[PDB]
4 protein chains.
Amino acid sequence: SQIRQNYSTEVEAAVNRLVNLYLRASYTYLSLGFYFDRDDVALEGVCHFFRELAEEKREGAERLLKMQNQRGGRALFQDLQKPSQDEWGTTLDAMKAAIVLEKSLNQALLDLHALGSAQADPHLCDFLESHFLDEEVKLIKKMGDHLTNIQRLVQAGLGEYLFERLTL
Amino acid sequence: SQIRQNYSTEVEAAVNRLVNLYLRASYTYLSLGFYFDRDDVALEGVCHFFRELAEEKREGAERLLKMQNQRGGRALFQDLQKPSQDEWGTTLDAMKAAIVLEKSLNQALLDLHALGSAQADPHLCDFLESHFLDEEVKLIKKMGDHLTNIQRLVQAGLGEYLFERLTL
Amino acid sequence: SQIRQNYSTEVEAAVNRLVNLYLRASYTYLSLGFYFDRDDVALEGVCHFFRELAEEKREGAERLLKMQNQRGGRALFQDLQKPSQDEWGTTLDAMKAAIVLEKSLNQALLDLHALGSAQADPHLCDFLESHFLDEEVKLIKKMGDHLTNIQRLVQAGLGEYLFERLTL
Amino acid sequence: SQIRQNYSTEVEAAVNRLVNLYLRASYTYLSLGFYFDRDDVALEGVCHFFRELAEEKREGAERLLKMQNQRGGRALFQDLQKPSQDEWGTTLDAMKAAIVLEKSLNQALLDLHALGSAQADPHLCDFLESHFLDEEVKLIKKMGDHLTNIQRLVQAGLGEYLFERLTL
Ligand SMILES: CC(C)c1cccc(C(C)C)c1O
Ligand SMILES: CC(C)c1cccc(C(C)C)c1O
């Protein structure tokens, strides 16, 4: 590439892998959202919470792809694996799966940051810090807060209704 | 009729029967609404839910009657039978009766659609699809969602109060 | 499902397959869009055209999933296959691939409509006609119009620039 | 300096060198801009493109000088060498020279970042990342995009006119 400068093949490949992880996460949240929209589940606030996250993760993938092109790297897409479950249980089960998913995304971001530092790529390091690292910390804190409130509420049906009505 | 074209006597008769079913449904919802307004029942949100449905079903009957005249058919009214119960039990009992009622209306609409298709009456088919079929699907989904939340909430008195306060 | 009425298992399965096709199409358009954003391709209007289509196809999948739940069917997601190409050639090549893709989506919609008619499911038939069939016809006409103008313009570099500047 | 803290003499010297490079770049763009304003060249959009860049590079030098004083370092100015050419050829030649110039500025920024990291000077590292590194990546991507479009357009006179009219 005529514009490529200080951008290693290792970072380029890791960025493509991270795009795939963000799109997989968006797909997982799409599945979580529509599960809570089932007439036999029917928790609208929970459906809204996860649909908003599907949108945020798709936006993250798109930002990564834009950065890949700005640096002269080449986007390469892979098959997007289906989510790990077809049915997601209670709000508590769903929030626990979501925090597992976010921690895995955060770890991938931290691994990519470490790779960037190793490769002396400060543009990459700044990009991640600016657009992703703090967003993930904030989101994981919010999910942890939700998990604590859900757990405090377990008359489990009553608690699940109240959380959806009064928090979400 | 000077204007009548492609409108069978079978469809004309079925439309009159459907008007009677819609007016019977409006009457049933009027009864449900005022039951929840009793001082010894006293669930205002539930009363409002059913009074709004009585209005929607009367409007449906009026749309059908307007269509009957647009096609050159002749409205024929029959005695409107009183609702199946005088007292309607809990919110849960009431919502179960309402979903039974809506499924019966939906089935009558589907039967009339099938009759229209058999008679090659596409104006009728479009009319039903446009004004009734989707309205019924949406309403039945909403009632199913409510039933699931009511069931999750059954300390049954506490749950009935909370549903009326926080959903309706 | 407590709400399910006149909704066959065959239609339910076909709707899940159609969701997968719409999400695959959105993914294909995401790939097309970012390819035209490469510094060595650099056709912004073309990138915008395809990114807007990725959004439209994702929205289509979401509408289908909402309908699946309204009818009492159960969403089932499958692995999303990667797009058929990694690099998309000229604007002409890309527009030809897009019209192939849209014709395949349109055929799937027509097949689902035929299945609905066979199953006497008029809600499904109306849903498809209202939200999808006309959108596809309009889009395919627009792509055909673009293909004709692109072909008329092939000094091929000059023509590709002018189309992006003055049409897109 | 009473305020100087964690600011090495090596960084101080490198910052002064970088100021000189930014001012040299501003001077080069001033020359490029007025060349395209010649009556025998007469490409107004190209003149505007380069005059705007002369302004951006002067602003960069001024930000660096402000930072030098904030840290307690001492600005030292050197003779500003004249630009490498007196006449700049075609728009294509000019854009190629501009991308060479920007890549040299970007490399100097990356070298200064590496020096800062070596000296454990995180204020410097943040300053560069915040105000310069991303600006350079964006600008180099934009120039690469322009070069690709210029090259696609080479009836070379016609292509040069069209690019100036429809892109710049
Ligand atoms: C945002 C969310 C609905 C989503 C899930 C799965 C795949 C995609 C794209 C890649 C088609 C997607 O946008
Ligand atoms: C009791 C109720 C369903 C009803 C019956 C008959 C006529 C009307 C008018 C107001 C349309 C009506 O509202």
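Every chain is numbered from 1, with letters handed out A, B, ... down the list of sequences. Below, all heavy atoms of this structure are taken into account, side chains as well, without hydrogens, waters or symmetry copies. Read the numbers this way: they start at 1 and go in the same order the structure lists the ligands and their atoms. The structure shown is a partial extract from the entry, and contact counts are restricted to the extract.
For ligand 1, the correct pick from salicylamide, propofol, brivaracetam is propofol.
The chain sharing the greatest contact count with propofol (ligand 1) is, according to the PDB entry, Ferritin light chain.
Other chains contributing a heavy atom less than 4.0 Å from an atom of propofol (ligand 1): A, C. Counting heavy atoms under 4.0 Å, the binding site of propofol (ligand 1) comprises A:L23, A:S26, A:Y27, A:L30, A:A54, A:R58, A:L80, C:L23, C:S26, C:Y27, C:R58, C:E62, C:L80. Of the protein's non-hydrogen atoms, the one nearest atom 7 (C) of propofol (ligand 1) is C:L80 CD1, 3.7 Å. By UniProt annotation, the domain of chain A supplying most contacts to propofol (ligand 1) is Ferritin-like diiron.
Propofol (ligand 1) places these atoms under 4.0 Å from at least one heavy atom of C:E62: 3 (C). At a distance under 4.0 Å, a protein heavy atom can be found next to atom 3 (C) of propofol (ligand 1).
Those atoms of propofol (ligand 1) that come under 4.0 Å of a heavy atom in A:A54, given as number and element, are 1 (C). Contact atoms of propofol (ligand 1) toward C:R58: 1 (C), 3 (C), 13 (O) (distance under 4.0 Å to a heavy atom of the residue).
The C:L23 neighbourhood of propofol (ligand 1) comprises atoms 11 (C), with distances under 4.0 Å to a heavy atom of that residue.
Bonding summary for propofol (ligand 1): no covalent bond to a chain. Protein heavy atom nearest atom 1 (C) of propofol (ligand 1), with residue, atom name and distance: A:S26 OG, 2.7 Å.
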